[PDB]
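Inspection log for the structure reproduced underneath, given as structure tokens.
Residue numbering restarts at 1 for every chain, and letters A, B, ... go by the order of the sequence lines. Non-standard residues: parent letter or X; surplus atoms excluded from contact counts. Both backbone and side-chain heavy atoms feed into the values below; hydrogens, waters and symmetry mates do not.
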Number of protein chains: 2
Amino acid sequence: XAXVXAXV
Amino acid sequence: XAXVXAXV
DNA sequence: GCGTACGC
DNA sequence: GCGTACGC
Ligand SMILES: *C(=O)c1cnc2ccccc2n1
Ligand SMILES: *C(=O)c1cnc2ccccc2n1
Ligand SMILES: *C(=O)c1cnc2ccccc2n1
Ligand SMILES: *C(=O)c1cnc2ccccc2n1
Ligand SMILES: [Cl-]
Ligand SMILES: [Cl-]
């Protein structure tokens, strides 16, 4: 759920 | 040489 | 000449 | 519920 590299 | 995650 | 950045 | 960010 976090987006820092994927954001899902 | 670039530093964006290691910076060497 | 090597690896940092988060949870809906 | 998945992976982005650069070259001295
Ligand atoms: C987001 O909160 C989050 C948490 N755990 C995960 C596990 C696997 C894929 C994506 C995820 N996203
Ligand atoms: C993004 O691609 C990504 C990959 N691994 C991680 C680990 C810890 C925090 C954030 C991250 N983001
Ligand atoms: C920095 O310019 C740079 C370029 N290539 C590398 C290869 C392996 C380790 C570190 C490196 N740093
Ligand atoms: C830092 O840990 C890191 C790792 N892989 C990369 C690939 C492309 C650009 C920058 C990167 N930085
Ligand atoms: Cl949980
Ligand atoms: Cl070269």
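As for chain B, the drug there is echinomycin. Those other chains that come under 4.5 Å from echinomycin (chain B), heavy atoms only, are C, D.
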